[PDB]
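A structure with oxacillin (hydroxylated form).
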Amino acid sequence: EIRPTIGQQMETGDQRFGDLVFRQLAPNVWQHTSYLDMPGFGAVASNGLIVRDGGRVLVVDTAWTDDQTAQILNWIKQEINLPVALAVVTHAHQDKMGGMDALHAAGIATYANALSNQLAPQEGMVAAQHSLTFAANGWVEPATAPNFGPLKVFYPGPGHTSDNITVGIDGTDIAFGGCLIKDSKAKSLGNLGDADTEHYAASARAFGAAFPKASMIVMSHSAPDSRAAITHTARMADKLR
Ligand SMILES: Cc1onc(-c2ccccc2)c1C(=O)N[C@H](C(=O)O)[C@@H]1N[C@@H](C(=O)O)C(C)(C)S1
Ligand SMILES: [Zn+2]
Ligand SMILES: [Zn+2]
């Protein structure tokens, strides 16, 4: 088993599949986890989501690489055997967007914040094929998110990056904070190299307010947590200003 240097460990409830780990969170929601082996440091886990919506599946975030992302698609084919309608990626960094080419080879429509698509080439990423735009209060413009089923996309403001977005899963008590939110026991806010240290706290809190009844908070580098992950992230971010 994979014991990452950074990221949650495997526990009861986890399925190893290839180089990845999958965990069912709800009857129709699974967390995908993939690992980047960094030289001299060991594996860094990154999480995203798989959502069944009737006869189709929706994905939030790629794995770190194209091969890992193809493995996600193979797990979905094995375990669910329904087509992937679209994927939403939550900002233009490798943990979230490093597998875009596997999605595109598979014929899956991809969506990202317009700003993530504008940044991606500068980051050595491939842009998603469609751009999401957002209102002044952070809610996605619904015409840019056609047929998203239960995915409710919200741009909370700059934080981990200027383009980070978040996704609520309607019909469940789950919301996904991506790299913006760290868990309730975290000692750090992770990589702040692209962060907006003035606005981070307010953006973390805005994500909480967008999904006020979400009780299970999913994030990129820890196991799903309570709402304390939001409040503790904001308290850590208050110290950056
Ligand atoms: C590693 C890693 O190695 N190379 C890239 C990369 C490639 C192209 C563009 C940008 C980065 C990368 C990456 O994606 N790093 C992310 C980042 O910087 O935010 C990861 N999220 C952090 C967080 O959530 O705090 C983290 C400390 C877990 S690291
Ligand atoms: Zn990032
Ligand atoms: Zn990250």
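All residue numbers given for chain A refer to the PDB entry; the residues shown span 30-270 in order. Whatever order the structure lists them in is the order used to number ligands and atoms, beginning at 1. Note: hydrogens, waters and symmetry copies are ignored here, and every other heavy atom, side chains too, is used. Technique stated in the header: X-ray crystallography, 1.2 Å.
In the structure shown, the parts corresponding to oxacillin (hydroxylated form) are ligand 1. In the deposited model, most contacts to oxacillin (hydroxylated form, ligand 1) involve the chain that UniProt calls Metallo-beta-lactamase type 2. In this structure, the binding site of oxacillin (hydroxylated form, ligand 1) at 4.0 Å (heavy atoms) is formed by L65, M67, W93, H122, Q123, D124, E152, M154, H189, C208, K211, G219, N220, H250. In this structure, the protein non-hydrogen atom closest to atom 4 (N) of oxacillin (hydroxylated form, ligand 1) is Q123 OE1, 3.6 Å. For oxacillin (hydroxylated form, ligand 1), the polar-atom distance check against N220 finds a nitrogen or oxygen pair separated by under 3.5 Å.
For atom 28 (C) of oxacillin (hydroxylated form, ligand 1), the closest heavy atom belonging to the protein is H250 NE2, 3.2 Å. For the pair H189 and oxacillin (hydroxylated form, ligand 1), the shortest N or O to N or O distance falls below 3.5 Å. Source organism of chain A, per the entry: Klebsiella pneumoniae.
Geometrically, oxacillin (hydroxylated form, ligand 1) and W93 share no nitrogen or oxygen pair separated by less than 3.5 Å.
Every atom of oxacillin (hydroxylated form, ligand 1) is numbered from 1 in the order shown, and the set under 4.0 Å from a heavy atom of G219 is 25 (O). Residues of chain A that UniProt gives as binding Zn(2+) and that have a heavy atom less than 4.0 Å from oxacillin (hydroxylated form, ligand 1): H122, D124, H189, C208, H250. Checked against UniProt, the substrate-binding residues of chain A with a heavy atom under 4.0 Å from oxacillin (hydroxylated form, ligand 1) turn out to be: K211, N220.
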Dump the pairs for me: oxacillin (hydroxylated form, ligand 1) N or O, protein N or O, distance under 3.5 Å, to 0.1 Å.
residue	atom	partner	partner atom	Å
oxacillin (hydroxylated form, ligand 1)	14 (O)	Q123	N	3.0
oxacillin (hydroxylated form, ligand 1)	14 (O)	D124	N	3.4
oxacillin (hydroxylated form, ligand 1)	18 (O)	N220	ND2	3.0
oxacillin (hydroxylated form, ligand 1)	19 (O)	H122	ND1	3.0
oxacillin (hydroxylated form, ligand 1)	19 (O)	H189	NE2	3.0
oxacillin (hydroxylated form, ligand 1)	21 (N)	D124	OD2	3.1
oxacillin (hydroxylated form, ligand 1)	24 (O)	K211	NZ	3.1
oxacillin (hydroxylated form, ligand 1)	24 (O)	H250	NE2	2.9
oxacillin (hydroxylated form, ligand 1)	25 (O)	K211	NZ	2.8
oxacillin (hydroxylated form, ligand 1)	25 (O)	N220	N	3.0

